[PDB]
Trainee: 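Hi! I'm looking at a structure that contains dolutegravir and have some questions.
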Amino acid sequence: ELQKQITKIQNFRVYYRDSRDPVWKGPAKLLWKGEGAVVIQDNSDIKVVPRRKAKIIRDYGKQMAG
Amino acid sequence: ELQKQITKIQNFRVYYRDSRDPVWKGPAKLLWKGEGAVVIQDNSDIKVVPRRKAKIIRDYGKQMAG
Amino acid sequence: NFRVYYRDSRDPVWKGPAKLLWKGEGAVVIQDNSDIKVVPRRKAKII
Amino acid sequence: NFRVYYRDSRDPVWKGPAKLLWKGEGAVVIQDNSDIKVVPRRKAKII
Amino acid sequence: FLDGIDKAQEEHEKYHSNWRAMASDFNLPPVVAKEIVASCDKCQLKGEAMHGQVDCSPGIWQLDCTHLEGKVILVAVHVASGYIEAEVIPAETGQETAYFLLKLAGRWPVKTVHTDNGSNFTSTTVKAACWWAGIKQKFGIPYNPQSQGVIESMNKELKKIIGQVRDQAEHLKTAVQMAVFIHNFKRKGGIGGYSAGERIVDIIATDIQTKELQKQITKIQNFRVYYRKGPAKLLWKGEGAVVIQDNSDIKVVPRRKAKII
Amino acid sequence: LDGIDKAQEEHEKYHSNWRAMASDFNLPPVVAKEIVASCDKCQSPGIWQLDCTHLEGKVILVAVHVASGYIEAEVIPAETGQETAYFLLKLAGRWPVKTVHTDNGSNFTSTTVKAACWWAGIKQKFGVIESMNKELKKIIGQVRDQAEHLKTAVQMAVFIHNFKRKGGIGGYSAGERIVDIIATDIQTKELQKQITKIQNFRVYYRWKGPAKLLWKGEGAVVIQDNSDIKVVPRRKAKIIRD
Amino acid sequence: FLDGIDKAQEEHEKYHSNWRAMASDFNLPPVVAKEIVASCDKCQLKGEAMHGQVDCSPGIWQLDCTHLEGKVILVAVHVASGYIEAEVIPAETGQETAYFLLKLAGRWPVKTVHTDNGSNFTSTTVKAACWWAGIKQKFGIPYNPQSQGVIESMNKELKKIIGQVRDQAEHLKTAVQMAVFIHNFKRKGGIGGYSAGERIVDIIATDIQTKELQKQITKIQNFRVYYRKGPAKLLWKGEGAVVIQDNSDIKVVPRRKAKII
Amino acid sequence: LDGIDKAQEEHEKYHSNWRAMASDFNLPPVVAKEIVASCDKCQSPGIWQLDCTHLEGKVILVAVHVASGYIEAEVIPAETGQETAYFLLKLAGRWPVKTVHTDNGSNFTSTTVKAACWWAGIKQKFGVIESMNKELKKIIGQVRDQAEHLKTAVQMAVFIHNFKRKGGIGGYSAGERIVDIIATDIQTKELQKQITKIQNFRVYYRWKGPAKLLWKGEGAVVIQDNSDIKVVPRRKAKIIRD
DNA sequence: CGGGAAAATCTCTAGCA
DNA sequence: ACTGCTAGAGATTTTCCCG
DNA sequence: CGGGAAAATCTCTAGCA
DNA sequence: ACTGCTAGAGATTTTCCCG
Ligand SMILES: C[C@@H]1CCO[C@H]2Cn3cc(C(=O)NCc4ccc(F)cc4F)c(=O)c(O)c3C(=O)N12
Ligand SMILES: C[C@@H]1CCO[C@H]2Cn3cc(C(=O)NCc4ccc(F)cc4F)c(=O)c(O)c3C(=O)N12
Ligand SMILES: [Mg+2]
Ligand SMILES: [Zn+2]
Ligand SMILES: [Zn+2]
């Protein structure tokens, strides 16, 4: 039940940006989505990223490669 | 004689630039000046720098500090 | 209290100082002689 | 042999291909239909 | 420095020397010279060297009117994906901008439109078109196209494509539609190797799927967490770290000094 | 890797599609595709439909995504080939349009529409369009008073149909349905691309005869030999291109 | 790929898809898609992303004419130091540009002047003024102010200073001279913490001193070096490395495999 | 550090200036300055001169650097205060001008020239100018035929005087001389700045009484106590500000 | 050797029009 | 065969200064 | 584990007008 | 209370592939 939902929400990749870095950071792992903030995991680090700074996808290219 | 001249020519500082780096590199030590190329020593490294890329000075602020 | 010197709109003359009312990321809201303006942070200095 | 596509002077239309005659650091000399031109390397592509 | 400072202000009142010059000529600490320069109104002539970051929410669209061959092309873009919509219109008028906006809001979920302060976008007819479609209007700081960087950059790619296909169409509207097609479905790259159409499909599909999944997770996973405080609502747990929402404030705490009830 | 046999058994029992198997057992989609393709007892999203409606003396030109009910419509000044080709080129630029169904009318069999189909890569072939016509006219009749012209009414109607009326098994609107179906098509195209890439590779493991390649993992290499899928270590198999 | 390539050129001839799109849609290696894009003339629309580097020899000066309050200000700059000279002139004419150039060449050692292709700089009267003073003329690539970056940047600092002191002068020529003074002697910073005047003095004084010193060193130190070749002329030795000039080609060799005679 | 005693002996023998001592023995210039300042038996570049010459009916206004013979001259339309102040402000912007000598003429004692001197920071005081007048007129008479106006001739004359005629002990031209003298002045100003900075610091070493600070090295601290200069390790002395 | 403060270096932007 | 740069504002790293 | 080649990442620029 | 960005070209670092 719940565990399948959690490992499904964690399959989505997140590209984000910090408040002073113009470059987009690589695909993170979505842990929690909210109305104004998303909780991600980039390289064994948990960051909180506002909704206006994040692009969440799923990469269908990758879901099909592995 | 000659040694005094050589350690005098080595007291001049050289700011230079590489063919693809827009930032000026710190003060090197002038070893040899020529019509088109200057021979310098930056951080225990000997580089050859064209005359059009180098700004040789002496820093009178420093000659007087030490 | 902060003094703000800014460059408002299609005008090369810098104006100020103005009161700082809100500092955001990229833009700031100020008050210059009972006139509220929004100026990006590229076009303002805060002291 | 190299093909050069360039942007000569106050003109947004790109021209080319032209023969490469001299590649310097920052600028290049080409030949486009018996016309010798000097174009910076920001305004040229060499293949 | 009382003698050195008084001479520095007197020299600055004439030449407006920077802090370095007044520190070298009057034997001043850098803080004192910087203070003297900072109190001069005539020397505050430069802003800070950064850039802002535009909104890239999934519902954010940027619109702008661009000109080509004497015709007006109204261009829209989905900021999160780069998917563009465009249309040649006879006049920069609130009527046809509202028509374009209603078409766009009918084809895609548009939550907020970001535009500059052109007369056509600030018109009372667009306001009614945004109000009926439930769209929120976010106008930029006047005379700052950087606030519309996504669409302004899209005004350049679209024009660049049109010139590539301008000789395959008699009219400019046909070339504009060809360029929209080419950008949206024949140019790959970006944050997924996608094209603009594939990418936009990914953003909305992901938005709905994640909203539903998180709704289910919050419906099932119902815990309260005490750390160091009040019963913060649990958001996520695992890998020796806990993420919670205490009074509408998301913070990350380690598994230690945190109990889940 | 370890659940290939469980997947094979579940398919021989329930005849499940590869998507569930890749989701339930955590298998690369290629392997599940080969599971469903190994049994002979186990064997649309680019299809738009075009028609023209008349209302209040102007010609409305409607486009319907059959799989989703999503409607693209706008009022055109004349029932001519110019405007039909313009509409269809617009649509092909917005969504991936692969084949359009028409009623062999004069404006649909012109040379301009055919050239627009050739350029956009659309196939032309000459009852959902009628029901969607009826529903769109119903909604226009509802919402007409809220506008002065008819084009604006039509667009408000298209917005209402696409995003405000919901139904079906899950209660989704036409916009969500179209997004979902196009995303599934993207998944299918990517999977086909990857299968086509791997199909030109032969694997020699432990040496044994050549075998078809399925997956190239970080700790294993999945191969199909004699209609049987086996797992071998990367160091125990050499992959060549043919 | 013979079937995959032939369809890719046919699709590129219509949409001009980039290499990524043609690699994903037709199963092509990146090199093949890049080759197909590279053979299309209509797709070569972008130059390479770098910048050149202007000449900064001690004898290099950059000149340019700038406008302010309807008057013409002829500005010069010493590239190596940033020391500027300026003058309000009634007209952009080769006569007064030649006058300014002769004044400049009389006050400082000017070996080469770099200018854009304005009519006043390309005039036959300036050519005579440069020929008499022994100055070499280096014109930039037309319509590329980046080739004059030093002076163009100096056109901005000079204008910025004038506005700071414009209310201390009735006429604009007085303000221009005040700005020249302020830039040259009241603004410190750069490659020595200097001002522009101090820095320029350092460059010419260093040039003469180093020329004399190296003349003496070459007069005394006279050796020939064999390495790995011919008798290369010795330039410098020490710290386990030897610098020599073999047939007008300076190269650095280690002390090993090198003998000094 | 080690040659302070050798420097002191060489000065008590030959009365050498601090520059040679800092060059010959490799001493920080402050220490050599204190050596030359410790003996009581051992005890210009901003000085321009201004005059007006008449030739062919126009007024030439000449400026001479006394220390170097470097000439700044140009033809002005009228012998007025406006133009004199403009010329002097120009000169003050080009070179560091600290005091100007004049012949108390009407155009030199105006209010405009005085205000220009006040703004530029120049001191006003009311036979080298006459000899330079004669030489400049000589050169103008040589070179007049090569020009049509007189201003151009004057400028060519100034160029020839400043860079083509050489003389003196070393055979240098006026331009090289001015550069050298201004560089020596820059050296002197920097040394004075550093001495003024260090003079407000007191050192307690080994504790002994306070001493004047001279140098703050990377391996030593040089101090002067009771008119005697001693070297102490950095860890063996504490520096405080007074 | 250890923090804190001050200095030096780094990064980045407008305007030159 | 010729060529972006300069100075200031804020951030971040280095160096020094006394323990 | 060791090179080489190919892929991925990084850096940087015009144009949007 | 709001906000530069995008895609391409060349350079440099990573990853993989067979020994
Ligand atoms: C009359 C409306 C309202 C009032 O302002 C004007 C002027 N303007 C100017 C540009 C322009 O030159 N952009 C280049 C650019 C520069 C910097 C940046 F960050 C982004 C950029 F796109 C436009 O594109 C544009 O649409 C307008 C416009 O619409 N208006
Ligand atoms: C008629 C002459 C000869 C033919 O060309 C024109 C046009 N032009 C244009 C600029 C200008 O817009 N500079 C801004 C800028 C942009 C980029 C850069 F790298 C450097 C920069 F300074 C000038 O300053 C200038 O002097 C001229 C000029 O003199 N002419
Ligand atoms: Mg110019
Ligand atoms: Zn000031
Ligand atoms: Zn092409």
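The sequence lines fix the lettering, A, B, ..., with proteins before strands; numbering per chain opens at 1. One-based numbering, in listed order, for ligands and for the atoms of each. So how was this one determined? The header says electron microscopy, 3.0 Å.
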Trainee: Name each chain or ligand corresponding to dolutegravir, including duplicates.
Mentor: ligands 1 and 2
Trainee: Mind checking something for me? Which chain has more close contacts with dolutegravir (ligand 2) than the rest, going by UniProt?
Mentor: Gag-Pol polyprotein
Trainee: Mind listing the other chains that have a heavy atom within less than 4.0 Å of dolutegravir (ligand 2)?
Mentor: G, I, J
Trainee: Which residues are in the binding site of dolutegravir (ligand 2), using 4.0 Å as the heavy-atom cut-off?
Mentor: G:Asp64, G:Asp116, G:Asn117, G:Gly118, G:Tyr143, G:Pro145, G:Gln146, G:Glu152, I:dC16, I:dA17, J:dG4
Trainee: Give the UniProt-annotated Zn(2+)-binding residues in chain G that lie under 4.0 Å from dolutegravir (ligand 2) by heavy-atom distance.
Mentor: none
Trainee: Determine, using UniProt domain annotation, which domain of chain G makes most contacts with dolutegravir (ligand 2).
Mentor: Integrase catalytic
Trainee: Report any other ligands and ions found less than 4.0 Å from dolutegravir (ligand 2), or state none.
Mentor: ligand 3 (magnesium ion)
Trainee: List the name that the entry gives to DNA chain I.
Mentor: DNA (25-MER)
